[PDB]
Engineer: 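A structure from the PDB, with atovaquone included.
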Amino acid sequence: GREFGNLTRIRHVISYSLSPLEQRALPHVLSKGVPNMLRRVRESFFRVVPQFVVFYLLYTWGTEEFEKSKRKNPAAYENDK
Amino acid sequence: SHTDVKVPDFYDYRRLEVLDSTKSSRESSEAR
Amino acid sequence: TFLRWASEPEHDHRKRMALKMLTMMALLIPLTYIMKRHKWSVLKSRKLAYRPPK
Amino acid sequence: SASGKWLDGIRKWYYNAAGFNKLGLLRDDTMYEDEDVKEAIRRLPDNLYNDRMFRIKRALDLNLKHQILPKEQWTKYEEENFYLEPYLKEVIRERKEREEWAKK
Amino acid sequence: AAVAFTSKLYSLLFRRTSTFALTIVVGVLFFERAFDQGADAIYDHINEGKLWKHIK
Amino acid sequence: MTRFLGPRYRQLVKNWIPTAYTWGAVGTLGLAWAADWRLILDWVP
Amino acid sequence: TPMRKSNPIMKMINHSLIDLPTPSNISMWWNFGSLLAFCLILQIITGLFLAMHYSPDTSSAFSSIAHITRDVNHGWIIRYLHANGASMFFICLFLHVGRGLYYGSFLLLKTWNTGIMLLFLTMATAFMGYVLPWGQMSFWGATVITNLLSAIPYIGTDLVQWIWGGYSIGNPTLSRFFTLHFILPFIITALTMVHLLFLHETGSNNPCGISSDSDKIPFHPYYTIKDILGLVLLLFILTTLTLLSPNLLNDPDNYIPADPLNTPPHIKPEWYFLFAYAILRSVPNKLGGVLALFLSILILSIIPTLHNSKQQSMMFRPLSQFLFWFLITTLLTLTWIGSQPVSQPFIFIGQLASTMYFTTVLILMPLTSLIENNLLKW
Amino acid sequence: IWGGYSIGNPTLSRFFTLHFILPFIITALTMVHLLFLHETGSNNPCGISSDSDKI
Ligand SMILES: CCCCCCCCCCCCCCCCCC(=O)OC[C@H](COP(=O)([O-])OCC(O)COP(=O)([O-])OC[C@@H](COC(=O)CCCCCCCCCCCCCCCCC)OC(=O)CCCCCCCCCCCCCCCCC)OC(=O)CCCCCCCCCCCCCCCCC
Ligand SMILES: CCCCCCCCCCCCCCCCCC(=O)OC[C@H](COP(=O)([O-])OCC[N+](C)(C)C)OC(=O)CCCCCCCCCCCCCCCCC
Ligand SMILES: CCCCCCCC/C=C/CCCCCCCC(=O)OC[C@H](COP(=O)(O)OCCN)OC(=O)CCCCCCC/C=C/CCCCCCCC
Ligand SMILES: CCCCCCCC/C=C/CCCCCCCC(=O)OC[C@H](COP(=O)(O)OCCN)OC(=O)CCCCCCC/C=C/CCCCCCCC
Ligand code: HEM
Ligand code: HEM
Ligand SMILES: O=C1C(=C2CCC(c3ccc(Cl)cc3)CC2)C(O)=C(O)c2ccccc21
Ligand SMILES: O=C1C(O)=C([C@H]2CC[C@H](c3ccc(Cl)cc3)CC2)C(=O)c2ccccc21
Ligand SMILES: [Zn+2]
């Protein structure tokens, strides 16, 4: 079936490659890779983060409320006698 | 036709172990 | 302290053994990463061109 | 009326947010190849077919290299070409006609 | 020209697959012992006074 | 779908109704016979 | 020809993982299937060993595990490995599902359906292993899960009593749990092979959602070394969890043996289940609760049917992405609610989270897809 | 293999685990067996080629 002899039909594309032993494995990290990671974080920040911030607010609120609910109310004894 | 062919330059990627050229080719190969 | 020991005798030997095999598994990460980078450099530096007769 | 300029404004915003232009790609490049789309691609003339194939390979190479084109080379919203739409409309008409025959 | 270390290493040991394999078994024999001894030393040293080997 | 609304499909369904309720009878009686379902089998003489 | 292609067994291996054409551009999210397989293998091995020391009897189960962890040489670490491997297994499983939801790989229908089957099987297996120690939590977990079939209106109670083998949970039920827990993993293995058979007829989808037949590379050497790297990382994490912090996920209430007369005041299942538990807790009706419990997972089967977009992947679809991450946070919320007592704030929050989960899958995503289509002018 | 100085309780559980697992290995190998068979087809009583009279 699917085999490297007849996958698709292409015309007029040229490629060039070096061998691994001719070139470096980690050529430019701090001059190219770091800024690229930075933009890659920039492009997705506001699509992911705010939902989790909202989750954090909800969690803390619900915890606080549950913990208030367990403390004794002075009006339950002071009001009528 | 083809005769206009030329591989683009790869200078950024190549190892310094061949750029510091004071050693025969095949001995370099061996070191790498 | 005695109840701690009664609940978990493997304590000391466990920590002893952690030092070793964690050192090893930590060492193996960068080595295999280097091997990966070596095999993938062929594609990472590849250059294309389009030359139709036009 | 103004409503046209307003709708076109939001449409341009959505287009820049999508970001396939950063890879050098046209909108019609990004369709999923269902049955009708494959038949429309079969009908293209050679020049359009070859241009499409190279554009797509180039985007794939960039994605491999976690990179994008220079800003100067991004596809602009005001000068794009919907080269595949016409053929697709014809394919869909033909299928609709056959369906409608099949219920009589 | 320049008899360099990694080139000697390639030509003597790594060029032939059998000898590469032999090199590997020989290296592991000695690595194992050195590595064990170092680790045990460190461990013993972190908690002197608390192990029954010495309290004995 | 919206495709299968039309005359041919109505005719085609009518063609297969009887076979459908016959297979229904087969399945129902078989289930009952297999699980000794008294709710149905107590009415069999 | 090379021997690589001389013979059916060898040629199937070759078409599977030597000369298979893979996309050049797939990312780390595609490593988690191989890690799943690794985890299955680890579980089977460590289980076959444990099996030879465990006792499927209610008067010695607990003490057999004590024996394993105290007297068997390095038995404690084998126990630790089994228990932590299950956790890793589910981590990988969840991430594996999520990928496919994001990148539109559910359009491979056969692979997707066999995946749903596998999810169900793995969950059954994990639960039937969780009751074998016969601690205080194990017992009541068994009880609840086997009472679930009482909700079937006409035949339910009889089903419960036929699974118990008696008037109540007891010795005859534990051997059933153990036989089933023994046999299921191998059915999982076979179905995994079918799963991959189905996959290799089309090949892998990729992040861009467009056809990759112009840039296919062979599986070997590229993805071989890539997956080996992934495995090394998984082993580092697993070792640190096993040796440096073994009690991180552990539950004290399962170190008390079973007592049929007392349920403990605070009830909590294993973490990978909490969310279902929350869903089950949220409906004030028995039958409705169980129905929701099962629909929560069965709903994945109609995602392919509700797909309206012209594009396959969310990579180029921002509104879609926003909704995706909101859904993930709803699931986190259900997990958190599952940990808390059944008290009023958490009751109300859980009900909202459940309604929003189903709402989002069934309504909001389809409609955002239509809006998106209109914004691109098709 | 005994797990001790003699035949005893630790050996019986080993017998039982192995007896549980082997039949399924047998099943898988049976499938391989038939896979191998169907590449050639069945021999017959006469020992001569039957490709002129296959049903
Ligand atoms: C005592 C225990 C000790 C434990 C020690 C543990 C040590 C672990 C060491 C691990 C080392 C791993 C090395 C891997 C090398 C692999 C190389 C490779 O090829 O990688 C490719 C892979 C990416 O693959 P890809 O092909 O790009 O595809 C991915 C996407 O498709 C690409 O899509 P994209 O391009 O769109 O994405 C861009 C961007 C997307 O960005 C975003 O989405 C935005 C993010 C914004 C974040 C902002 C900050 C946070 C939020 C703040 C918001 C504001 C709050 C305001 C609040 C207000 C309140 C009022 O994403 C990134 O760039 C992500 C990069 C970082 C990845 C981090 C991975 C973490 C792993 C953690 C493991 C934990 C378990 C350890 C074991 C524990 C045992 C107990 O990863 C990388 O490229 C990064 C490699 C480096 C990772 C280093 C991770 C170190 C973690 C250390 C943890 C130590 C603490 C543990 C705590 C435990 C607690 C229990
Ligand atoms: C879930 C549990 C409960 C399930 C209960 C099942 C209920 C339904 C049972 C139906 C039984 C009869 C079906 C006959 C169908 C024949 C179709 C066919 O092709 O026939 C012609 C074929 C071929 O015949 P032929 O080729 O000579 O000619 C046929 C041509 N025509 C039709 C024109 C005449 O005959 C067969 O070879 C059919 C063999 C069928 C064997 C069935 C064995 C019984 C299995 C079910 C009973 C046991 C249930 C146990 C439950 C226990 C619960 C605790
Ligand atoms: C006594 C102590 C133990 C001693 C152990 C000694 C052995 C050590 C390990 C040796 C590993 C094997 C290395 C050599 C393998 C050679 C394989 C070979 O020649 O076959 C290659 C060739 C490749 O096929 P094509 O692609 O068609 O080739 C066409 C080329 N144009 O043939 C094949 O297909 C592969 C055949 C593999 C045969 C492997 C034989 C293995 C023998 C192992 C013996 C172990 C004995 C252990 C004894 C223990 C004590 C009782
Ligand atoms: C022991 C306790 C365990 C608790 C549970 C653990 C599992 C759940 C973990 C939840 C948090 C996961 C965070 C993962 C990192 C997210 C990084 C991120 O936002 O990056 C966005 C970045 C954007 O890239 P692109 O759109 O492709 O374009 C870039 C190329 N130009 O990457 C992505 O969006 C890829 C998203 C892939 C899917 C991720 C799925 C994560 C959650 C999955 C599990 C959730 C539960 C199960 C869900 C399904 C239930 C039916
Ligand atoms: C034991 C459980 C499972 C195992 C061992 C397993 C194994 C695998 C493997 C090895 C792959 C290869 C590609 C990859 O790693 O991404 C894969 C792909 C896939 N799996 Fe599974 N899987 C399991 C469960 C699931 C589940 C639960 C689902 C969905 C609900 C699923 C759906 C898919 C899909 C759709 C693909 C192909 C998607 C693509 O290539 O884009 N699988 N699986
Ligand atoms: C997908 C594969 C498997 C999963 C997810 C799984 C899961 C589990 C879990 C969660 C436990 C309880 C852990 C604990 O109590 O700390 C367990 C226990 C057990 N499992 Fe596995 N298991 C798998 C495969 C197997 C296999 C193939 C066997 C074969 C005999 C096996 C034998 C056992 C035994 C004997 C126990 C009880 C021992 C103990 O609790 O430590 N398991 N399993
Ligand atoms: O990891 C695989 C993979 C497979 C590799 C070999 C694995 C494996 C697991 C266990 C054993 Cl004993 C042997 C091989 C199973 C998964 C497979 O079939 C794919 O098609 C695929 C596609 C893209 C990315 C990764 C993969
Ligand atoms: O009350 C419960 C309870 O409700 C469950 C539940 C959790 C969800 C399970 C579940 C069933 C089916 C699926 Cl598809 C997923 C999870 C069933 C058991 C437990 O696991 C449990 C464990 C120990 C003590 C009490 C309990
Ligand atoms: Zn040890």
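In the text below, chain A, chain B and the rest are named by the order of the sequence lines, each starting its count at 1. The entry is not shown in full; contacts are counted within the portion that is. One-based numbering, in listed order, for ligands and for the atoms of each. Atoms considered below: every heavy atom in the structure, side chains included; atoms not considered: hydrogens, waters and symmetry mates.
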Engineer: Which parts of this structure should be attributed to atovaquone?
Structural biologist: ligands 7 and 8
Engineer: Any idea which macromolecule atovaquone (ligand 8) contacts most in this entry, and what the PDB entry calls it?
Structural biologist: Cytochrome b
Engineer: Which other chains have one or more heavy atoms under 4.0 Å from any atom of atovaquone (ligand 8)?
Structural biologist: G
Engineer: Under a 4.0 angstrom heavy-atom cut-off, which atoms of atovaquone (ligand 8) come close to G:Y130?
Structural biologist: 22 (C), 23 (C)
Engineer: Distance to 0.1 Å, residue and atom name: give those for the protein heavy atom nearest to atom 26 (C) of atovaquone (ligand 8).
Structural biologist: G:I267 CG2, 3.9 Å
Engineer: Please could you name the atoms of atovaquone (ligand 8) that G:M123 approaches to less than 4.0 Å, counting only its heavy atoms?
Structural biologist: 14 (Cl)
Engineer: Check each atom of atovaquone (ligand 8) against the heavy atoms of G:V144 and keep those under 4.0 Å away; list them by number with element.
Structural biologist: 1 (O), 2 (C), 3 (C), 4 (O)
Engineer: Going by the order shown, which atoms of atovaquone (ligand 8) are within less than 4.0 Å of some heavy atom of G:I297?
Structural biologist: 14 (Cl)
Engineer: Any atoms of atovaquone (ligand 8) less than 4.0 Å from a non-hydrogen atom of G:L280? List them with their elements.
Structural biologist: 4 (O)
Engineer: Any idea which atoms of atovaquone (ligand 8) are less than 4.0 Å away from a heavy-atom of G:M137?
Structural biologist: 23 (C)
Engineer: In atovaquone (ligand 8), which numbered atoms sit nearer than 4.0 Å to a non-hydrogen atom of G:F273?
Structural biologist: 16 (C)
Engineer: Specify the source organism of chain G, per the PDB record.
Structural biologist: Chlorocebus sabaeus
